[PDB]
Amino acid sequence: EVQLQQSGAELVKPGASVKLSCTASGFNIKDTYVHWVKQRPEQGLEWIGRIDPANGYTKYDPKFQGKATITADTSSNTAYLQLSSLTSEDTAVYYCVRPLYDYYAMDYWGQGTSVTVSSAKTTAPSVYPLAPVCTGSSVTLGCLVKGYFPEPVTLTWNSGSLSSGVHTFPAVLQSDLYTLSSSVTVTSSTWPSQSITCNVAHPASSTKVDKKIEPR
Amino acid sequence: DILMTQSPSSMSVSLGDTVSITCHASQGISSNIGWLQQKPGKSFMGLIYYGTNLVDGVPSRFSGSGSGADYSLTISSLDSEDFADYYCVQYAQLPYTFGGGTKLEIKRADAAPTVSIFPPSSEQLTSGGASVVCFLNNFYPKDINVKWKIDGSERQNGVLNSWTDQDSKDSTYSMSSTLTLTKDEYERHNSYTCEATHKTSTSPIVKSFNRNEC
Amino acid sequence: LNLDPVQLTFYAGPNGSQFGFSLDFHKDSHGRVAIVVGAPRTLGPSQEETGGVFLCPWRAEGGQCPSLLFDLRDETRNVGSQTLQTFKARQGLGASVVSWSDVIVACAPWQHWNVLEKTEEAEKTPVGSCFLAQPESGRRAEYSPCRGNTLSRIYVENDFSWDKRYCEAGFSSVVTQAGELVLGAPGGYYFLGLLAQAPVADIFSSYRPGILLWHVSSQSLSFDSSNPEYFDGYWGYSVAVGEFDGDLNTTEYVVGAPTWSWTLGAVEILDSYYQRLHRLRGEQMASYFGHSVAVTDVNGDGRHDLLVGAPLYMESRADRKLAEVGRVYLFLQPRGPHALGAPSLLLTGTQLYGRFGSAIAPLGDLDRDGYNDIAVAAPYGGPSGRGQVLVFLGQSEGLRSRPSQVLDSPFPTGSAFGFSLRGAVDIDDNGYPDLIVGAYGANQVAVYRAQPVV
Amino acid sequence: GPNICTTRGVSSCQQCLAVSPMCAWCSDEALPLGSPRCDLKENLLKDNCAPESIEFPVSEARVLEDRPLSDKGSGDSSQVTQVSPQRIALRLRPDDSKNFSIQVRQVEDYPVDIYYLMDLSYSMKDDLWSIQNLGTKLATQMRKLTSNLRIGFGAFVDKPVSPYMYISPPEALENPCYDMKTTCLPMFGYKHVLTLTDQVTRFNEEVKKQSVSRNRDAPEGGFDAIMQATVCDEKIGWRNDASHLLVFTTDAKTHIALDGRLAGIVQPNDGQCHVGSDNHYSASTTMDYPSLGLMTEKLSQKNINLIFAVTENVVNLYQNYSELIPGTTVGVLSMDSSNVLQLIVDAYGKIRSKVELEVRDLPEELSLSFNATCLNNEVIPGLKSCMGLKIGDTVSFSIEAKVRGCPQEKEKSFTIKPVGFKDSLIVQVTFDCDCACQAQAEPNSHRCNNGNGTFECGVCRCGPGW
Ligand SMILES: *[C@@H]1O[C@H](CO)[C@@H](O[C@@H]2O[C@H](CO)[C@@H](O[C@@H]3O[C@H](CO[C@H]4O[C@H](CO)[C@@H](O)[C@H](O)[C@@H]4O)[C@@H](O)[C@H](O[C@H]4O[C@H](CO)[C@@H](O)[C@H](O)[C@@H]4O)[C@@H]3O)[C@H](O)[C@H]2NC(C)=O)[C@H](O)[C@H]1NC(C)=O
Ligand SMILES: *[C@@H]1O[C@H](CO)[C@@H](O[C@@H]2O[C@H](CO)[C@@H](O)[C@H](O)[C@H]2NC(C)=O)[C@H](O)[C@H]1NC(C)=O
Ligand SMILES: N=C(N)c1ccc(-c2ccc(OC[C@@H]3C[C@@H](CC(=O)O)C(=O)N3)cc2)cc1
Ligand SMILES: *[C@@H]1O[C@H](CO)[C@@H](O)[C@H](O)[C@H]1NC(C)=O
Ligand SMILES: [Ca+2]
Ligand SMILES: [Ca+2]
Ligand SMILES: [Ca+2]
Ligand SMILES: [Ca+2]
Ligand SMILES: [Ca+2]
Ligand SMILES: [Ca+2]
Ligand SMILES: [Cl-]
Ligand SMILES: [Mg+2]
């Protein structure tokens, strides 16, 4: 079966360089073209270029001329995409593509390599409890995780106990650092009747802080 | 370069419906178009190549058609797995260009949000910051507008929003707004408010608190 | 011996279409035998020669045949900032046909191909193409493994390595019992010659109309070489398959290279990975040793034997003079893992310029004595020069050195009676295998029914 | 005493001579009953046989034409003589044998035809430049060997058809050197340029107006040109009485018969002439390359001496072809044809350095044996070909004919001719098996069994039907 297995997610600094990989599984990389496509949530999908691994001849979009360099080693059955002089705008997910039958198509895709360019150092989060203000039948608490780097963070309530009725929001980049928040909803007879704790683990700096929510 | 105009940006439909995505190019591409699918938080899967031809392993409920500069992807009887992103791509000319994308979303009945405001914690204020959090949970449709007001006056500097994907259980969306000020600037004022403008109410759903007062 | 030369059956095509250039038997899903006939100069739509294929039902009277229709329209695809072009004029569709199961493989070796990119081009060259058809269902497919999209400048820079522009794939064709089509491309790699193999089922499943350039992942092409002995050797002029290594799971290929090593000529036996097992070298230069190859067990030991035709061999005669008459070589496979030695028998033609050995057809067991037999053609032999087909019977020690029956041409002068042969199939269902002979010069095919031995 | 002529006990004059070439027959009436009539001629006269009734044929050989060998092939109107004698009469009795002689001379100052057939593919562009003065340079050197020199010129490339010929872009048809930075001629198979003429300055000026073309594959269609240059006598202009030289120059392999199938060409070469008024080979794109067998037949038919003047990189290839085409010579051509002049002179010396006899229309019952006298009066038995000769040398052969029995046809004639020579020796054979007295037989004689038989030569034979 055709399978494209790329390298793991990269974490690099601006001005440096990175070299991604795309290993062929179940076939010979020399058989078809190999493209590279860049994906961002706003700008969407952009085609970087292609290479014929049989001979090494490459094509490129003039936008990426200078930063992207595509190569291939038929020995290890692997194709590469090198990025140079990295920038904040180079933070994206990168895919390698090959066609099925049509010489020029874009059918089989790798799982994708997540690149993050940032000057931030490994910082531990700041966990803050979010209790309501000084009544109804439903009550909602919260938990704020601010100023941590890099991603990701695991977040649970009462150590995976209270699971239903929870909303953990995607992290957002706030000045080279990440901010995440989570809410939970139960009944008035549960809180402050029962102790509710916010468990935040940041395996990068290896910290597992827990903040119990307290009313005002 | 060839511009791929893919419409609509999103659509709210249900299981079993027959929907049709369209893609319009800036010039004729003579069926040199492909269709892609990206399930939430996953990679891409090929659907159509050369306008109409199915990729191996794709169910027959998909179908591609069109000619010249106008093409169409059609899904007969939607399945629960079909809710994802869809992109068109042209390879009639280098460089290859993609469409903006189309997201299929579950349709349901409208639902007003459950607003909740939270003043800065004791720990954060003692460190030099002040963040007011505003949660807007479980609503439909996704179109919503948040507005922050300090002493009744609108504030736009220092806001930080975040949305979740459509929930797997109830098929509703949620939003988190976070206003971040310094400790000194947080105490210059007294009233903090976040207004929520949804189509489920002509009047904005308001929630607020007052500093010092509780 | 027991072919009936009195009551023949004649099928005929259009005038000047070279009907009968190639032929084969074809069995449908119900076992009903028909005859597929190629006619590589059949007029197309634009009143221009393109070739054509005919599927003839078996009738004792013979006659006209319906056409096996293929797309004869020139194709164009503007994709990838390039323009792909196929040119079917004078492609010679039907210059070789072969049947396997309920599938017919007809080939146009001289179909041309070109790619345009702005002011550059790949050059309009004959890559060839084969067309596949399932007559009962109506399915169609194509296979053109030598089509490329590399521009002319690149070939010059890389010094014409791996240049598949002049393959003429489909020049010769054969299908293994497992269903793997093997095409001969004598012009591949700048007239070194190459072989292309791919499963028939994968050709059908990976083909879509209008793509023009597509991948068949399960295909396998032979390798380029820097050895001058292969230069202008036309490796792949003729092809055949058989069992030559004792392992019944692998299928071995037999390749003719009639101008190998400066027109010496050679035949090679390879495995399915194009690794060379043996090489039979020619005896005389310009004899075209390897013009035709045939595989069949003639001495009844279960081990396939090899026959090679050299229709331009010049026999030595009195007063130091040479007479071009043609010659056939028989190689008996030894017991177990051993090399094929010197020829076991030399059959030499008689008529000057007769081209004895131009075609060799395994007949199966014609007289039903326990040994397989063969037919050899001299398309311009016989006392009148109209053409002859000679039948040689198998025996415990190989073949008989003298023919058992001689078939004289029933057509006028210049019919090339015998240029294409095919046997070892019982078409009238009487229990005896039969022989079809092509006469493209007369645009006709003759059917010889085998009868009980007198 | 009794010999094989008596002890065999013959019945007629005809059966008598058939016993042995030494027997004779006596047709006299007055002959003793016990005395045999078929003895040695000495014994018959010893027994008072009338000398006029003695039938004893003697095998002989007398000349009928015996012109002298010419000293100069120059001048004359094909009245040159290089074989002597030109016609003899032969008379043989059954199972006998007789001998005769023949002289052959490699005549001095014999006319010569040289047709220059040149590869004009792109690699020969430099070669064209170095032979601009060849016609006058060659006229100077051959003037030492002959006074009747005629030279001509032809050119070949390959079959102008795909894939031998570039067919794209449209410009490449008018100028195959399009993607380069020069201009060359459109492709052409073979074109006749200059008919054999003695005005050698026409060669220089036709050569100076020639230019090369360019094709795709290394092998070139030279054999197509060799065929046409041979079978088109009237256009090339070969003379009847002259040594015909065909100089073939190339630096690459050549196409052979059945190679044309890669261009869709399957029709075999018919060996006929196909060069029209436009001086181009019109069947180049419709007819296959010739085979070595067909070339040999036509070269032998027109007495053409093919010369392979090829470069080092293909000498071995053409030496091996030369082995398959008897009478062919090979020379090593330089990469620019600068040495083609000396190559041609040495070939002409090697061509006329051999005399090889050939027999045509020999009756089945006649067998020959040959003894050769090459060098200085050195007999070489069982040989019929001299080698190592110079212009002006003379050789001779001793021939013996042996007849087996007596054939039905009493008069046949065959030819002895050296390979490539115009003259020949015609041997008129007469089989003397009958007796002169048979022409005066008595059918239904009174002397023979009351008319049931026939009286001839003095004995009674059974009549027809008995
Ligand atoms: C033009 O024609 C000539 C002769 O017709 C060719 O020259 C011959 O080429 C063949 C093949 O290359 C040679 O065959 C080899 O002979 C070797 C022994 O040669 C000795 O004996 C001969 C006399 O018989 C002597 O003249 C010679 O000098 C040697 O003393 C063998 O050892 C070889 O066997 C090995 O190689 C072959 C493949 O080449 C394998 O299959 C064998 O198993 C084994 O490994 C081989 O048989 C022959 O010797 C050559 N003769 C001469 C006189 O050179 C030219 O090649 C040909 N040229 C062109 C361009 O066509
Ligand atoms: C050719 O030469 C041979 C010698 O090798 C001759 O053979 C001998 O001829 C003489 C003639 O008197 C005989 O006595 C010998 O018996 C012969 N020897 C043999 C035949 O072995 C031969 O006669 C010569 N023939 C010609 C035509 O010149
Ligand atoms: N498979 C391989 N390894 C392989 C084998 C052979 C070749 C190759 C390529 C080009 C050649 O030359 C062709 C013309 C001839 C000549 C002038 C004329 O005659 O017109 C000229 O200049 N070009 C000859 C040979 C390349 C690769
Ligand atoms: C025939 O041979 C004899 C002896 O061998 C010789 O004397 C005679 O001259 C020969 N005849 C001719 C015509 O040479
Ligand atoms: Ca095997
Ligand atoms: Ca056998
Ligand atoms: Ca048999
Ligand atoms: Ca039968
Ligand atoms: Ca040169
Ligand atoms: Ca050529
Ligand atoms: Cl002469
Ligand atoms: Mg050349």
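Chains are named by letter, beginning with A, in the same order as the sequence lines. Chain A uses the PDB entry numbers throughout; the residues present, in order, are 1-134, 138-219. Note that chain B carries the PDB entry numbering, so the residues on display, from first to last, are 1-214. The residues of chain C that appear here are 1-454 by the PDB entry count, in order. We're sticking with the PDB entry numbering for chain D, so the shown stretch reads 1-466, in order. All ligand and atom numbering here is 1-based and tracks the order in the structure. Per the header of the entry, the method used was X-ray crystallography, 2.7 Å.
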Check your understanding: How do the PDB entries name the drug found at ligand 3?
Key -> fradafiban
Check your understanding: Going by UniProt, what is the chain that binds fradafiban with the most atom pairs under 4.5 Å called?
Key -> Integrin alpha-IIb heavy chain
Review point. Which other chains does a heavy-atom search at under 4.0 Å around fradafiban pick up?
Key: C, D
Check your understanding: Heavy atoms under 4.0 Å from fradafiban: which residues of other chains qualify?
Key -> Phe160(C), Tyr189(C), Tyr190(C), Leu192(C), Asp224(C), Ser225(C), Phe231(C), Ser121(D), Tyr122(D), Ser123(D), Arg214(D), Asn215(D), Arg216(D), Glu220(D)
Practice item. Tell me the name listed for chain D in the PDB entry. Key: Isoform Beta-3C of Integrin beta-3
Check your understanding: Within the displayed structure, which other ligands or ions place at least one atom under 4.0 Å away from fradafiban?
Key -> ligand 12 (magnesium ion)
Check your understanding: Which organism is chain C attributed to in the entry?
Key -> Homo sapiens
